[PDB]
**Student:** 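The structure's right below; bear with me while I get my questions together.
Naming: A, B, ... by sequence-line order, numbering from 1 per chain. All heavy atoms count here, side chains included; hydrogens, waters and symmetry mates do not. Just follow the structure's listing: the first ligand is 1, and inside any ligand the first atom is 1.
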Amino acid sequence: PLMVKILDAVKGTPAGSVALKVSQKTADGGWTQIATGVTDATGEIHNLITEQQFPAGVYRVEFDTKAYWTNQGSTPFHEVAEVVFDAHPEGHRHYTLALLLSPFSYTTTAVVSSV
Amino acid sequence: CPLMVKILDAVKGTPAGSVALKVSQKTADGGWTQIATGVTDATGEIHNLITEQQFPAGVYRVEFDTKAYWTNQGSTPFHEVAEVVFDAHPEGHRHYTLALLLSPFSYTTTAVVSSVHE
Amino acid sequence: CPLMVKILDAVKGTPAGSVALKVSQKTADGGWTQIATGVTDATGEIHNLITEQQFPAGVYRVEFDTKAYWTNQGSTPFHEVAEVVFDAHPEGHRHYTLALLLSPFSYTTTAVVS
Amino acid sequence: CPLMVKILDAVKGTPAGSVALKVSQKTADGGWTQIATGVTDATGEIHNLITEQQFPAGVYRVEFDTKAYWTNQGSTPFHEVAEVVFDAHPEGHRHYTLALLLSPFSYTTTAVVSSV
Ligand SMILES: N[C@@H](Cc1cc(I)c(Oc2ccc(O)c(I)c2)c(I)c1)C(=O)O
Ligand SMILES: N[C@@H](Cc1cc(I)c(Oc2ccc(O)c(I)c2)c(I)c1)C(=O)O
């Protein structure tokens, strides 16, 4: 239900080996960690979470972009890239978090398949 | 396919369906020759746009009718058209995906030239 | 004004007016302490957000209430908020401009470090 | 000035200086006539690019030499050029700012229209 696609805007390839964590907002305004992962070479993570693990609610996906640029040899601006959103996965609703990275800029977009 | 597209609608949060596009190749005299046209499907893609044989190295211009897209959406767009012009280097089984993120008053054109990082 | 913002609305093609934001500084224990808040004017900027005195070297978080902005505009947006987290090195009159481009289902955060 | 530009370099986190550009106006026959050329300064802008008298309503094309910008940076660019094509409606003292966000394999073209 939750997929990601991270692209490197400098190299024109997906951003591989990007560490991420998915958190779910709790009733008291806190966060609970529901999964972690690292993108494969296609800048994707497969079987990140399952349907039952992704009920309606506010989610935060944190991407370790600083480590990504460091490893690539660039010094980046952001300490992390955070994507915080409301998810309504009722039906067939699948979410793709598209992330476009440059050392001093990123774009976070979502593609939400209907039901 | 050596040339793929992926168009996203940044307003609706879905791929941009029914976007008309055309692919032209720069000729020796500096003019443009149209080699393919098409319209994106519901996934914001166009399958079998051109073949490897139709894609020798050279300068290509892919023009997207984003103005009609927004107009059909009931929106007011800025750009007359979205243009992506690039020198293609297909040697070594390099394929291109032209990613395009659309908003009425903004678009982002990115290119992916491998399916994997390195 | 070591810390400036410039927010644009990619749907309307104008700056994003009345966008609420808050600036937090990371503390020794890893937590966040809020040092300023503001709301963008019609040019999508906030003047005199913080002073050089308030902006020492360290890690900062600028959080923009984009959800409220889109809700007010009449759209249902994706993001609950827009978060910009960065290590600042303002020592030496280093200015930071956080440029933010907004659409209901996408935003771009860029930095111009002068 | 009815037509401004603001070019940023997303790799360095600075405006993009010394970017060459050309402004053309579409003619009645579908062709193009050049009305201005310029090069951005260190703030990624070009001052006094054209006058209001030179900017009537119509379709304009602004071509940015981003390929040379990246080549000079020692990088490898994707795009052969960056072109921004739009129907301009300056009536009622509307000015345009073409914002351009550059990375080697990606750029964002946005427009800001203000009543100034
Ligand atoms: N196999 C599918 C996977 C796929 C999914 C999506 I959403 C894509 O678009 C992106 C992704 C990240 C970005 O930052 C931007 I801008 C656009 C691409 I490119 C590929 C396909 O090829 O469409
Ligand atoms: N802030 C001053 C000048 C100014 C105008 C604009 I539009 C700006 O935004 C940009 C520029 C390029 C980009 O690629 C992106 I995304 C945003 C900035 I930063 C500054 C003013 O307008 O008075």
**Student:** dotinurad, belinostat, ethinylestradiol, vortioxetine, liothyronine: which of these is at ligand 1?
**Tutor:**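 Among those options, liothyronine.
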**Student:** What is liothyronine (ligand 1) bound to in this structure, taking the chain with the most contacts and naming it as in the PDB entry?
**Tutor:**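 The largest contact partner is transthyretin.
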**Student:** Help me out: which other chains have heavy atoms closer than 4.0 Å to liothyronine (ligand 1)?
**Tutor:** A, B
**Student:** For B:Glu45, state whether at least one heavy atom is located under 4.0 Å from any atom of liothyronine (ligand 1).
**Tutor:**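 Judged by the 4.0 Å heavy-atom criterion, B:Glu45 does count as contacting liothyronine (ligand 1).
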**Student:** Record the part of B:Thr43 in heavy-atom contact with liothyronine (ligand 1) below 4.0 Å; permitted values are side chain, backbone, both and neither.
**Tutor:** neither
**Student:** Please compare A:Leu7, A:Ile6, A:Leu100 and report which has the shortest non-hydrogen distance to atom 15 (C) of liothyronine (ligand 1).
**Tutor:** A:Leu7
**Student:** Quiz question for you: does at least one protein heavy atom lie closer than 4.0 Å to atom 11 (C) of liothyronine (ligand 1)?
**Tutor:**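 Neighbour list for atom 11 (C) of liothyronine (ligand 1) includes protein heavy atoms (cut-off 4.0 Å).
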**Student:** What are the atoms of liothyronine (ligand 1), with element, lying closer than 4.0 Å to any heavy atom of A:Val111?
**Tutor:** 7 (I)
**Student:** Show which other ligands and ions come under 4.0 Å from liothyronine (ligand 1).
**Tutor:** none
**Student:** Check B:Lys6 against liothyronine (ligand 1) and report side chain, backbone, both or neither, counting heavy atoms closer than 4.0 Å.
**Tutor:**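 The part of B:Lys6 near liothyronine (ligand 1) is the side chain, not the backbone.
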**Student:** Which organism does the PDB entry associate with chain A as its source?
**Tutor:**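 Source per PDB: Sparus aurata.
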**Student:** Less than 4.0 Å between atom 1 (N) of liothyronine (ligand 1) and some protein heavy atom, yes or no?
**Tutor:**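 Under 4.0 Å from atom 1 (N) of liothyronine (ligand 1), zero protein heavy atoms found.
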**Student:** Starting from atom 14 (O) of liothyronine (ligand 1), what is the nearest protein heavy atom, named by residue and atom, and what distance separates them?
**Tutor:** A:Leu99 O, 3.0 Å
**Student:** Around liothyronine (ligand 1), which residues have heavy atoms within 4.0 Å?
**Tutor:**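 The heavy-atom binding site is A:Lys5, A:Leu7, A:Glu44, A:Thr96, A:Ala98, A:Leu99, A:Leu100, A:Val111, B:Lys6, B:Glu45.
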